[PDB]
Asker: 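Consider the following structure, which includes prostaglandin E1.
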Amino acid sequence: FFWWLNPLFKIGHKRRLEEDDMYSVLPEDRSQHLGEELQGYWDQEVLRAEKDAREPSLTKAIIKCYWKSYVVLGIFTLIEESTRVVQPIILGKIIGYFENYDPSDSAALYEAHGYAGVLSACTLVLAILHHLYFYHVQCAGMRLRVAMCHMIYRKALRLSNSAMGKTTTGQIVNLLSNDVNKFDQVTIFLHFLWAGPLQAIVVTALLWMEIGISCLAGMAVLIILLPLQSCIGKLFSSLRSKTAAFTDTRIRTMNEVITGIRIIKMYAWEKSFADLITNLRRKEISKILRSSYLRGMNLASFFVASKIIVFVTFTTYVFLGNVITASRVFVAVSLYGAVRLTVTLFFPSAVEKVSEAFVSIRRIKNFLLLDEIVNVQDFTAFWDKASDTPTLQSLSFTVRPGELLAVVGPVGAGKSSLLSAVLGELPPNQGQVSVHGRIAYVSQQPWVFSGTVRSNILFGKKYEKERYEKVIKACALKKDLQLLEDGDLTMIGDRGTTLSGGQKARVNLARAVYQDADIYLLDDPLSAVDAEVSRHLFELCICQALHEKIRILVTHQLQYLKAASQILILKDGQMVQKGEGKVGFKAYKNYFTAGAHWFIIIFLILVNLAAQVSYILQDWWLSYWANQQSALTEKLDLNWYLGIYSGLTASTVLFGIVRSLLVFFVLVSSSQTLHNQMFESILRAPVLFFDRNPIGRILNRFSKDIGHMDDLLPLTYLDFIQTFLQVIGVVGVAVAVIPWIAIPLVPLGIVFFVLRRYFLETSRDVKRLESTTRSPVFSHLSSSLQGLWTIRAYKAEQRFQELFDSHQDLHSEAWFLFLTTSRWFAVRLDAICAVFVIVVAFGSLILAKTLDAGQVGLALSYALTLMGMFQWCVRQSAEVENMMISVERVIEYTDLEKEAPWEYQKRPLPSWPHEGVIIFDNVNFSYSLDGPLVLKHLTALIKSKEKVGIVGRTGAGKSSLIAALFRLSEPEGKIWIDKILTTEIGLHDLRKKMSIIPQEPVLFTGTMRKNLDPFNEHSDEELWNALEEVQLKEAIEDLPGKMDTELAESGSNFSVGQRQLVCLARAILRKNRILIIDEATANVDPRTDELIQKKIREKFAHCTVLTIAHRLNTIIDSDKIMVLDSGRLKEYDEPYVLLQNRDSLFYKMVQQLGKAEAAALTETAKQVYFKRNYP
Ligand SMILES: CCCCC[C@H](O)/C=C/[C@H]1[C@H](O)CC(=O)[C@@H]1CCCCCCC(=O)O
């Protein structure tokens, strides 16, 4: 009865409930312990399977782990199902007292009361057994999931570096998110796989006693259904699993869309991704309609099946020459209610939920069986033996205390591979490695995890102010922490997205120093800070402070190599040299009306009511036939009675099926419509909307909220509506047969709404608390997998495992409160139902002078159903009301403000732009109407085929100028392009016909064709011409196809210079006169960059060129340069003359480049000026 929650409900009505308030689970369910129990039997199973020389079975481990405990609960199943078959036989005796009634017999009146007490006792026994069983199997299910997730995490810590090549982080995280949650549904139903068939046999015997040989026909239909519903259950699981391939591909496209949306806009590619998503969605909904219609036929099987089974049974019974009496019919009808529940719901539900679990156990088995001084001599190793060449060859080196080793060479030279060899992550194929002392591993990609920055630094070490502050200053971190409002206690995101790159890098590095290790493997740590901070970190921390320790420093900063004791140059893998909360009716009306014309939704309501009325009327018709037969040689004309009866069952079967299918049609159509609306709105929504949201907050709408609307929500409505209309049926038949019942009902109804409200006040707190507690788990796994390298290097695995157990058992507390609260509530709705069953039974005996046998048989046969039905109905209603938060979260995106039309009715000439001139008149710009002006007063002219660029301080509007030409947010003032006003041509006129090389490139998933030509407008040989112009041909021809080859995911198989060259290829392909070049990005190689600059100058010599210069040399060829400051055009003049104007800002900046570079620029400026002056 869960009384221990009662004070928490009181607390949750006086207050909102909070995370500290929930009761902790037993020490026996602690995730640390609970995982080791299954890990042990998996070890044993691997041993056995080994000795047998066979594949191990994870199903074997799980049974050999849990079977002892879970087979005990079958005792409740046995006594529950024993009561369900007893209770109808007593009901037969009550109705008997009516069939043979006389008011005079005191002893009979007393006898009937005795059975009314036994029938009431059975009901209360059954109510508590139902709750003791269903509460325990849900806790057995929860234990299995926790043990699973502990094992999945345990393995993932130790995975092989090669294994990371054959399953991605997101797929591992999909195990926890989507695969393990199938286990909670396994344990709930298994015990029905034997109780169902057994109960079928027991009921077969009893019905043989009640109505003789006809018993077989009813069971004959049941053995037609039991295969069929199992076959449907298998095919449903086949269909559903195939949709996962479409849905995951769709979501990965949405991720590259929403992450990339600025560039997709700038290239006007929106048509491409619109079509591509539309086709994946059109395929996916092709399966989801089909998979849904199957599942709707499964629920329409439960609803209708009991009426078919009864109909065939009584059909044979009257042809065999029998006559109906009310005791026989309502005993028979009542028994089939038992077999209907277990065999038709719980045996199919067991089969399909076990079948679905094997899909998860199969994947998890495939995951669990994945692979799992400093002196180096003659070292050679392959990351993948399949490679034709070694990643390190004939390496020999050694480093001793006080030595600093600089590791130098090109990108992919093997420097990081050298560090991996030191780390032991790359084992030798020949040669040897020996290390003594504690390693300090500074990964090239900084690793930062959720917590405090101080938690990131301490990393389990004791806090000590002096050394800690010495690190904070030595890692040049004091200033930032003083700028932060919460200091070192500031909260950090899953990946430090709230932190700058140099911040996360410096925090990582500070962490390394805090450990006070012996061997420091510094992998390019200084590249993420400015030159002043870079040399401050090198000189004080690396040269002065870490001096007493072995250091190997993978660096490109040649400026520091003079301080190294020894330098190792690697090339081509070998050593070169060594020296909310509530929704309103509007959201329901929209969700249904979006799906169809009102003619459909009103027809749907008339089909529902027709189905339910026919369902009630069949049973009333039996009762009426019983009364008639009991009123009477002479006999009823079956061709009348059996006639009309056939119609009522026929209508029930028909509208039951139509009802179930049509709900899925209307609601899936609704979700199809809302997805396209939402997607059109997300395409045409301006960039500003994507700055005011993080990517995950948008992508959740498409991944989760559309997910609920397609799969789970339409089922939940159908499940609710089938139940709810039967509840209204029970109450309506009881009140119609014996009106006086209306009086007790009133207080009982008031108690129901008081009870309901008092629970629901807390329910929306537990649901929230559960949902908020769940996410940190997946966050931790993601952080851990990213840090896999480093966490492993520090030997920190045991702490991280304990942290995952901490998060996991937290959610176990939340889930445990959710379980117990739902049962506290469900128990008492059964208690209200028991009061209803009591009042019906006793009231009928009070009023016995007025009722008659068929009437009482009907009233009771309905009231007995209520116990399971009513407690479920109200708890489904709380799920519908939760999921409508999804439908409200998508509906708000359907109406986001829109960018101005892609095309006006005014359109430019197909030859426009002809001349490639641009003019600015008094323009001002800001990213949003509410914001400050970022650029102001500006006016300028660009002539045909001029070469110019933009310089200034950061935030001067450099990025704003490119944003203005594209009208990403509308301008103040005027810009003309080719004598026509930019605001008067459509965005697809304007954003095409100019070209923009972005600072950071993007490779979309797909073919090299699509990544170069999504329109297939360029001729088949032109890409080879363009590819030859970037000279990428001799690399890409090595792919499995010369063209139309698949790229790797995100183009990860190409290096940054190659990626940028693909963007240069895109520029080469489209022919338009106007080019803006974005700023050069970080760590590009020092050779292809000059090639790019040379090729740009060579090929686009006939274009009008702007540029945003990261470093000035990239544009000192230009005719004129614009100088911005404080959001205003300071200077627009020739670079030479600017350098002549020593007062110019341009000179005031170039003076900062140092005497040598200043002199070089002086002479080269004079030279190019002379060259320009000659003609
Ligand atoms: C369990 C899968 C959904 C079944 C939906 C179906 O419409 C029937 C539901 C009722 C039925 O009318 C009588 C009955 O006992 C079902 C409700 C109990 C289903 C199992 C959940 C038990 C619980 O949580 O208390």
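Here the PDB entry sets the residue numbers for chain A, with the shown residues being 23-394, 409-615, 693-745, 756-1298 in order. Because only heavy atoms are used, hydrogens play no part in the values below, and waters and symmetry mates are left out as well, while side chains stay in. This deposition comes from electron microscopy, 3.5 Å. Every number for a ligand or one of its atoms is a count from 1 in the order of the listing.
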Asker: Of all chains in the model, which has more heavy-atom pairs under 4.5 Å to prostaglandin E1 (ligand 1) than the rest, named as the PDB entry has it?
Answerer: Multidrug resistance-associated protein 4
Asker: If you draw a 4.0 Å sphere around every atom of prostaglandin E1 (ligand 1), which residues of other chains have a heavy atom inside it?
Answerer: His152, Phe324, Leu363, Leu367, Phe368, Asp842, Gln845, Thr846, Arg946, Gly991, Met992, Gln994, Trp995, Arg998
